[PDB]
Engineer: 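Mind having a look at this structure? Questions to follow.
By convention here, the chains are lettered A, B, ... following the listed order of sequence lines. In order, the residues displayed for chain A correspond to 2018-2112 in the PDB entry numbering, which applies throughout. All chain B residue numbers match the PDB entry; in order, they span 1-107. Heavy-atom basis, side chains included; hydrogens, waters and symmetry copies ignored. The header says X-ray crystallography, 2.7 Å. Just follow the structure's listing: the first ligand is 1, and inside any ligand the first atom is 1.
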Amino acid sequence: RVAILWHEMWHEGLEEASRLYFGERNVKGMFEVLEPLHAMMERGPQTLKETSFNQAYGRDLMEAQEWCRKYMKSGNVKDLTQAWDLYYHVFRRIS
Amino acid sequence: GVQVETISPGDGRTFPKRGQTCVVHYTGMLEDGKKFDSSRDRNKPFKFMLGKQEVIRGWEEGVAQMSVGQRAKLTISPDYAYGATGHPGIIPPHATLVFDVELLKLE
Ligand SMILES: CO[C@H]1C[C@@H]2CC[C@@H](C)[C@@](O)(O2)C(=O)C(=O)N2CCCC[C@H]2C(=O)O[C@H]([C@H](C)C[C@@H]2CC[C@@H](O)[C@H](OC)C2)CC(=O)[C@H](C)/C=C(\C)[C@@H](O)[C@@H](OC)C(=O)[C@H](C)C[C@H](C)/C=C/C=C/C=C/1C
């Protein structure tokens, strides 16, 4: 474990994940570099900074996860895009 | 290459300088007119910074030709788009794409 803001953590996580899916057609990799980030969220805001970020972007990032879950069950690939619509929105706001 | 054909003209002097944010509304379709994606269906303009290899090449060179206000149809050959590999489930291999894009504003 290491000290990093959830802000910085999600920024470069989303960027790396997107490059793997969009750029390299690696849907295995993007799940790898995304599941950890989602894991933290599900465990808890500890600090006040992680609290407010969770109030701001927690819902979207959660819904984005359900879309990915939906992809896992259907293989549709338009669920993945509905997921990445939401990732793009939170990413765009955290810059 | 990428082919730009005016649907509706802009001022013709306000071009997107490398490194600006283009706010645009687009509908993308495969050659035959099969719509695959439009920001106008979501009712939500798309934004991207020009030059950062953020979008496909036909967009990079296409939108760089546009001035604020202008609406255009971009015919992008697979080389300047998703190539032989496509993007599986949405854009097939080798697909010639057509984009209808309007440049709302620069920021
Ligand atoms: C759910 O909707 C998707 C887009 C859909 C998916 C499938 C395609 C048919 C399509 O329907 O777009 C589509 O119509 C299309 O073909 N587009 C989108 C509109 C512009 C033109 C073209 C395009 O270039 O797409 C792009 C195409 C899919 C991939 C790129 C092609 C050029 C190449 O240089 C890049 O290399 C990696 C990858 C997708 C994008 O426009 C988004 C904005 C940008 C990226 C993903 C990358 O640039 C990434 O770089 C790491 C970034 O820097 C971003 C900002 C980082 C954040 C976290 C990621 C955000 C995710 C955004 C995803 C979005 C809106």
Engineer: Return the drug name for ligand 1.
Structural biologist: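 The drug there is rapamycin.
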Engineer: Under the nomenclature of UniProt, which macromolecule has the greatest contact count with rapamycin?
Structural biologist: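 Most heavy-atom pairs belong to Peptidyl-prolyl cis-trans isomerase FKBP1A.
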Engineer: Which other chains does a heavy-atom search at under 4.0 Å around rapamycin pick up?
Structural biologist: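 The other chains with a heavy atom that near are A, B.
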Engineer: Which organism is cited as the source of chain B in this PDB entry?
Structural biologist: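 Source per PDB: Homo sapiens.
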Engineer: Hey, which UniProt domain of chain B has most of the residues touching rapamycin?
Structural biologist: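 According to UniProt, it is PPIase FKBP-type.
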Engineer: Identify the name used for chain A in this deposit.
Structural biologist: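 Entry name: frap.
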Engineer: Show the binding site of rapamycin at 4.0 Å, heavy-atom contacts only.
Structural biologist: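 At that heavy-atom cut-off, the site is A/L2031, A/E2032, A/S2035, A/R2036, A/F2039, A/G2040, A/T2098, A/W2101, A/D2102, A/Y2105, A/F2108, B/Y26, B/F36, B/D37, B/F46, B/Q53, B/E54, B/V55, B/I56, B/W59, B/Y82, B/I90, B/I91, B/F99.
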